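What follows is a model of Chitinase A carrying bound dequalinium.
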Amino acid sequence: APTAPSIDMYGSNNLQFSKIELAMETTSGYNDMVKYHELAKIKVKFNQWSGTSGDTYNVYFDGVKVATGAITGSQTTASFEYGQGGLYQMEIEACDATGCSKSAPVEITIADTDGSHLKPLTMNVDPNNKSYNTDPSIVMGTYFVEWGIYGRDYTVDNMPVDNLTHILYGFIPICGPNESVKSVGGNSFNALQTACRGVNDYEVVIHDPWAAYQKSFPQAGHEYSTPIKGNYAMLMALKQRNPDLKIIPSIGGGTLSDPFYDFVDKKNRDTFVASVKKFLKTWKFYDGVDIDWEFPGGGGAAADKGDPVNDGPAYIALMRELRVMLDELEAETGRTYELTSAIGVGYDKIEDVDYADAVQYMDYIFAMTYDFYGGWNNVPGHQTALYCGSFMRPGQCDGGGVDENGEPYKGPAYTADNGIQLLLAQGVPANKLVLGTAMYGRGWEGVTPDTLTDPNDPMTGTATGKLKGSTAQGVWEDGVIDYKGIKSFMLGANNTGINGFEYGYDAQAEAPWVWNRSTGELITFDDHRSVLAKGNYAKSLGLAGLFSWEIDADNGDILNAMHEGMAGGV
Ligand SMILES: Cc1cc(N)c2ccccc2[n+]1CCCCCCCCCC[n+]1c(C)cc(N)c2ccccc21
Ligand SMILES: Cc1cc(N)c2ccccc2[n+]1CCCCCCCCCC[n+]1c(C)cc(N)c2ccccc21
Ligand SMILES: Cc1cc(N)c2ccccc2[n+]1CCCCCCCCCC[n+]1c(C)cc(N)c2ccccc21
């Protein structure tokens, strides 16, 4: 017999609540910005402008009582806690000693990081991506990068999810030594320094919280009060659409690897592994963890770091300790968690780790069968070839021979096959190895006909420096160009060459190129034919499947060719 409560929507934060508390309007240290709570704090103001207020209120969700408290005037704030994500029909009743009066029902939101409060994501995929029916048991993986939402304008809803079994989210940094990040320039180091304020060394943080959970995406139905936004809310909604899709954070990468060189100290491993556990309990759409340590024993971005004696055993013990933690999470959640790793495959990288030992703890190894050659020097070669190319010298392929100075090769050439063979030779099972495809080229300038030793092979020439180009042509950094830019501005619709470029293919290597004779611009990449070769290769050997870097730089062609190659292998 009190007046029925009316809910004050705007005074109740629009009925948007959350188990995760996220700072939306600042950029600060990770522990300040991100706090996960077992119970969402709910706060609901309601009014009873006319008649009497009564003396007690009860809150209902879906007809079930979840809170009570005192009414003592014409305006009440109900605060209480609720543990479960989702959308519920809320009613609030006011009672006095003679009876109760319920508000009409209204939808309350409680966000959780599994995406339980979200609709399946609405997609906007380039239709050049085709439909396939590839055995769901074969891995088809790709990397999606956090920074691709800026100039590259490639957002979660753009991924051809149905053609993917695995999404690797690049990249998650680690607080601590990160000089390599500083040397890259731009805002990347400053952002990391900010994320790590008030955070212990060796713990993971979100690099760019604006990209991750702050930016409002209209295509996803984000609004001012949406408690989770950015790439991560879209990934949560993506899981709603494709529940068997694995989405896995990728920790480190080429530039963010400096902290791994201190994993020789188990205290630092303990810290890291703990932080990875809390990360996965905070961000529940994620299905495991991927370790991109580039690289045990060194020879990566960090010129002053790398220990060929101890890095490999640190890596193995890291994998065991991650697997122990993941087993805890599988026990507590009833879910399956995956442990994976992307690795260098030059002989000199592989030799510093006993992967037969490491892989017993692991689901997959992502074999980085790319970046074999590039604009970091002036020696052209195939950046992502399966086999040894025609430009290689005698004894260069297997490492038997001597270079153009008479100096012995130190080991087998950088090719996919040499890398996979070396891993198989250590005792890694083929069904745990994933072969990598390139959705980008690397290239040079100044490789003109007078530099060649074989007039029909630009891979026999000498360059002057790195390919240069504009972002409109897909060149986001010197020496590197998106596949989709190669296709638009060098190959042309027919794959025969435009704007001064010709196409060529090294059949021995299984690697294409596009070469401009007068500028001497040369670009090495993966195309439809080299990718069919790689799918046939993976199939012959019983490899787990294929993966790619990076999804934003494809137009549909590379991923299509990945599915076609895995069907068509003879
Ligand atoms: C793209 C996409 C776009 C949507 N509006 C969409 C809407 C609802 C559900 C899925 C959706 N997905 C698909 C979700 C991504 C999975 C990746 C497989 C890509 C299949 C794209 C489907 N496709 C479309 C729609 C239109 C075409 N003319 C075409 C022409 C040739 C081939 C395919 C083609
Ligand atoms: C537009 C905009 C709008 C806002 N309201 C805003 C608000 C706060 C902060 C930034 C904001 N921004 C934009 C600021 C973006 C920089 C902040 C995040 C730094 C993370 C660095 C990673 N990373 C980046 C970024 C770019 C790359 N090419 C790259 C290439 C290779 C490897 C890594 C790479
Ligand atoms: C591997 C590596 C990777 C880096 N990102 C890097 C960055 C800065 C300095 C050295 C670097 N090193 C190598 C450090 C020197 C020890 C090895 C002797 C010469 C090999 C240099 C190779 N190399 C260079 C120079 C630059 C690159 N961007 C590059 C990118 C991918 C793969 C290789 C690359």
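Residue numbers start at 1 and run along the sequence shown. Keep in mind that the numbers below use all heavy atoms, side chains included, and drop hydrogens, waters and symmetry copies. Each ligand, and each atom within it, is numbered from 1 in the order the structure gives. Header says: X-ray crystallography, 2.2 Å.
- For atom 1 (C) of dequalinium (ligand 3), the closest non-hydrogen atom of the protein is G299 O, 2.9 Å.
- Less than 4.0 angstrom separates atom 18 (C) of dequalinium (ligand 3) from none of the non-hydrogen atoms of the protein.
- Distances from atom 15 (C) of dequalinium (ligand 3) to the protein include no heavy-atom value under 4.0 Å.
- In terms of protein heavy-atom proximity, atom 27 (C) of dequalinium (ligand 3) is closest to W376 CB, 3.9 Å.
- Heavy atoms of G374 come nearer than 4.0 angstrom to dequalinium (ligand 3) in no pair at all.
- Within a 4.0 Å radius of atom 25 (C) of dequalinium (ligand 3), the protein contributes one or more non-hydrogen atoms.
- When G300, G375, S257 are checked for heavy-atom proximity to atom 13 (C) of dequalinium (ligand 3), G300 turns out nearest.
- Among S183, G254, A301, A302, the residue whose heavy atom sits closest to atom 4 (C) of dequalinium (ligand 3) is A301.
- Within 4.0 Å of dequalinium (ligand 3) on heavy-atom distance sit the residues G299, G300, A301, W376.
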For dequalinium (ligand 3), find each of its N or O atoms that sits under 3.5 Å from a protein N or O atom, and tabulate the pairs with distances to one decimal place.
from, atom 1, to, atom 2, distance (Å)
dequalinium (ligand 3), 12 (N), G300, O, 3.2

